[PDB]
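Structure follows of vadadustat associated with Hypoxia-inducible factor 1-alpha inhibitor.
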Number of protein chains: 2
Amino acid sequence: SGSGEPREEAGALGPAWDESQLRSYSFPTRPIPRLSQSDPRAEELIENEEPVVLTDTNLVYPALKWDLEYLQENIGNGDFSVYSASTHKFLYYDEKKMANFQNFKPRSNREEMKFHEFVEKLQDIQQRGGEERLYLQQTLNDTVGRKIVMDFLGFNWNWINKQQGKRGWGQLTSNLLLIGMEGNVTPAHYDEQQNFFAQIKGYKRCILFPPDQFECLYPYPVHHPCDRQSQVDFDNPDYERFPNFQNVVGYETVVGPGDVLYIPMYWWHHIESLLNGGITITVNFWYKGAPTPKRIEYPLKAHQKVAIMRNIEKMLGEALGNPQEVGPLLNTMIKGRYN
Amino acid sequence: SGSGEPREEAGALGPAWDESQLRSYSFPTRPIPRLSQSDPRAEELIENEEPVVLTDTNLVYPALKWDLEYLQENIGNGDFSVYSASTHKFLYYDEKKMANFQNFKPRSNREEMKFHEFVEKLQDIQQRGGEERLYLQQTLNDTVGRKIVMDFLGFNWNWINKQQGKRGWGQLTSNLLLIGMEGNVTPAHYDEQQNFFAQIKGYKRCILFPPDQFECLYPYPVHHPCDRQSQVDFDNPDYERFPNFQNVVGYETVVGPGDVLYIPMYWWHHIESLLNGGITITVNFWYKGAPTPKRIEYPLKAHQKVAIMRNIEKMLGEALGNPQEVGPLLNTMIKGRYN
Ligand SMILES: O=C(O)CNC(=O)c1ncc(-c2cccc(Cl)c2)cc1O
Ligand SMILES: O=C(O)CNC(=O)c1ncc(-c2cccc(Cl)c2)cc1O
Ligand SMILES: [Zn+2]
Ligand SMILES: [Zn+2]
C-alpha cells in the first residue's frame, strides 16, 4: 500500500494528487496513520516514538495563506540561505567537515540572497525551462517583517507546548522554513531531535524507516560531510555495496496543507515534493529529546545503539588524531576476530 | 636465519642443541641480538622497547643449580598450580571469562598438588611412555622453604632494580616459576607488562612478533577466555580465516641457562621447550610499564592502538550489557561504511 488512496478535497474539487506524481522505488511500504490530535491512539504513537500524521492541530493555521506573492511582500529584506542543485537530489554537506575529506565533490551549492532574488530565479528558470533546481531553507527569527511575525505568533503554541511537556522533551531548538520546487528530493537521513513537520503549501511524500534499519541504509561515516545521510542512491541502488538495502521496509504518507507529521528522533526520513505539484512550503519544529534515565531497563533501544556507534566513531577520531584512521583501525579490530 | 648457529658450550662439551630440536613453521624470522648487559647497544634496545638477550646479568645465578631433586627437597610443602594437556599446546583459559562463552571447550585442565606429586606424575608418565604433558606455573612467595628463599635473595636485585628505575617502569608485579616438559609449547600471546625472562634449566626457543603485526595474528575477542592469544594454529594455519598470517615475520632466539630475554610490553611471544632437551626451568619478572605522558607526540605507537582497541571492546561489552553483542554491533558499524 504505502501512501494509500488520494484524499478527496472538500467542495468536490477532485483528488489532491495521483500516483503518477510519486517516484518509483524498489522497496515496499506501509501507511503512516492519519489521526485527529484528540484521538488517544495518536497520543500513544507519539509517546511510543512512532510516526503519526495529525490532521487537525491548527499548528500553522495562519500560514496556510502563504505563497510567494504574500511572502515576498511581507517577509522583509534579509538574507535567506538558498541551495542549488543540478539534479533533483539535494544531498546536504556539512561545510565544517569538508576538511576531513579533501577529495569530496559537493553536488549542491549554497547561496545567500534576498527573497525577491529567490523568486526571480524561479521565474527565470521557469521561463527558459531549465533543468536547475532550488531550495530555500532559512530559520525564521524576529528579523522578518511585521505581518509574518503576526502569523508566527498565531501558530498553535498551546498545543505544541503541551506536547513538549507531556513527553519531557527539551526546548524548541529551531524553526526552519522550507520552500522547494516540484520534484525536489531530500534524500534519506536521520536527525537527533524530535521533529514536527508542518505542511503549508503543496504536497510532500514522506518515507520513514525505523532506527533498527540502520543495517540496511548504510549512513556515511560520522566525520564525512554527509554524516547522517544514507549512501544508497534510491534511484539506482548498488546492491553489491549495500546488499541489505534489499531488505528495507518503510512507512509512508503524503502530507498536504494543515497536516503535521511527527518524525520521531533517529527515524530515517526521505522527503520529496510531488512531481507537477507546484512549489511546496513547510515549517519544521525541532525539540531536544528527553534525557536518558538514570537506570536503563536494558535490551537497548535501536536509537541507543546508533548513539553508541556515533560516539565510538567520534572518540576514535579524536583518540587517533585523524578521522581517516578510524576505518583502518575498525577493520583491524574486526577482520578474523568478529566477522 | 632466526635462531642461528647453536652455541658451543665451554670445555668442548659440544653444541648445546641442534636444528632438529626446533619445530617447523611457515614464517621467516630474524635473530634477536645476544649482548652483554654492559653493552650500550643493549641499553638502547631496552629503552626503545625492542627485545634483547642479555648473556651475563647473573640475575638468577643461585638458581642455576636447581633441578627436580634440589627443588623437591627444599621447595617445601605447598600448593603448586599444575596445568595438563592432551597435546603439546598449552592454551591458557581465563576461568573468570568462561561465563561469556558457554560453548567453549577447554583443552588444558589446572590441578593443585604438592611438588612431590608433580614429580611423581612426570616419573609415572615417563614410565609408561604416555602422550600426556604437564606444566608447573606457580608464583614464588615467602612460603617456600628456607633454602629456596636464600636462592631468591641471591638474585641480582641490584641490576633489575636499576632497570626498573632507568625505564621509569612501575613495581615488580609478580615472579612466576615455570617448569615444563620437553616439547611443551606456550602459543603466541602478548602481555600488557614488561617482562624479563630468566632461563635456568634447559633451552627454550622464543619467537617474538612486534605489536604492529596485530593484523596478522588475529587475537581472540577481549571477552573470550583466551583473550590476548592468537587464534592461529601455528602447526596448521587456516589461511582462509587468517589470510594475513602469510605476512607474519618474527624475531627468534634460543635461550639457555643464564640468559635473560627482555620481552617488551605488548610484544607477541611464542615459546617452546626444545624437543628431546629434557625439562626446562624459567623464572619470569613482570613490571608495570611506565605511565602515559601528558602530551602525546602523536603518530601513535602500535601498542597504543592495541590498547585503544582493547578499551573499545571492553566499553561496548559493558555499554551493551552483554559481551556477545559486541561483534554484531561492530559489524553493523563497518559493513558498507568503512570496509
Ligand atoms: O523537511 C524536508 O522537507 C526535508 N528537510 C529535512 O528533513 C531537514 N532535516 C533537518 C534539518 C536540520 C538542520 C539544522 C539543524 C537541525 Cl537540528 C536540523 C533541516 C532539514 O531541512
Ligand atoms: O615464559 C614461558 O615459557 C611461557 N609463559 C608465558 O609467557 C607467561 N606469560 C604471562 C604470564 C602471566 C600470568 C599472570 C599474570 C601476568 Cl601479568 C602474566 C604467565 C606466563 O607463563
Ligand atoms: Zn530531517
Ligand atoms: Zn607471556
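Throughout, a chain's letter reflects where its sequence line sits, starting with A, and its residues are numbered from 1. First listed ligand is number 1; within each ligand, the first listed atom is number 1. Per the header of the entry, the method used was X-ray crystallography, 2.3 Å. Note: hydrogens, waters and symmetry copies are ignored here, and every other heavy atom, side chains too, is used.
Counting every copy, the structure places vadadustat at ligands 1 and 2.
Other chains reaching under 4.0 Å from vadadustat (ligand 1) with at least one heavy atom: A. Contact between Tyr287(A) and vadadustat (ligand 1) is absent, with no heavy atom of the residue lying under 4.0 Å from the ligand.
Within less than 4.0 Å of vadadustat (ligand 1), the other ligands and ions present are ligand 3 (zinc ion). In chain A, vadadustat (ligand 1) lies within 4.0 Å of these UniProt Fe cation-binding residues, judged by heavy atoms: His189(A), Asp191(A), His269(A). Assignment of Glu192(A) to the shell around vadadustat (ligand 1) is not supported, since no heavy atom sits closer than 4.0 Å. Counting atoms of vadadustat (ligand 1) from 1 in the listed order, those under 4.0 Å from a heavy atom of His269(A) are 7 (O).
What the model shows is no covalent bond from vadadustat (ligand 1) to a chain.
Ligand-side atoms of vadadustat (ligand 1) in range of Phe197(A): 1 (O), 2 (C), 3 (O), range being under 4.0 angstrom from any heavy atom. Of the residues that UniProt lists as binding 2-oxoglutarate in chain A, those with a heavy atom under 4.0 Å from vadadustat (ligand 1) are the following: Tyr135(A), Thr186(A), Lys204(A), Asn284(A).
Under a 4.0 Å criterion applied to the non-hydrogen atoms of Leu176(A), vadadustat (ligand 1) contributes the atoms 19 (C), 20 (C), 21 (O). The PDB records the biological source of chain A as Homo sapiens. Less than 4.0 angstrom separates some heavy atom of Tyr135(A) from each of these atoms of vadadustat (ligand 1): 3 (O).
For vadadustat (ligand 1), the UniProt domain of chain A with the most contacting residues is JmjC. The shortest N or O to N or O distance between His189(A) and vadadustat (ligand 1) is below 3.5 Å. Checked by distance only, vadadustat (ligand 1) and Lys204(A) come closer than 3.5 Å through their nitrogen or oxygen atoms. The heavy atom nearest to atom 5 (N) of vadadustat (ligand 1), considering only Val283(A), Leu178(A), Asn284(A), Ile271(A), is found in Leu178(A).
Neighbouring residues of vadadustat (ligand 1) under 4.0 Å (non-hydrogen atoms) are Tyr135(A), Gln137(A), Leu176(A), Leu178(A), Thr186(A), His189(A), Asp191(A), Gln193(A), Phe197(A), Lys204(A), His269(A), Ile271(A), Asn284(A), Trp286(A).
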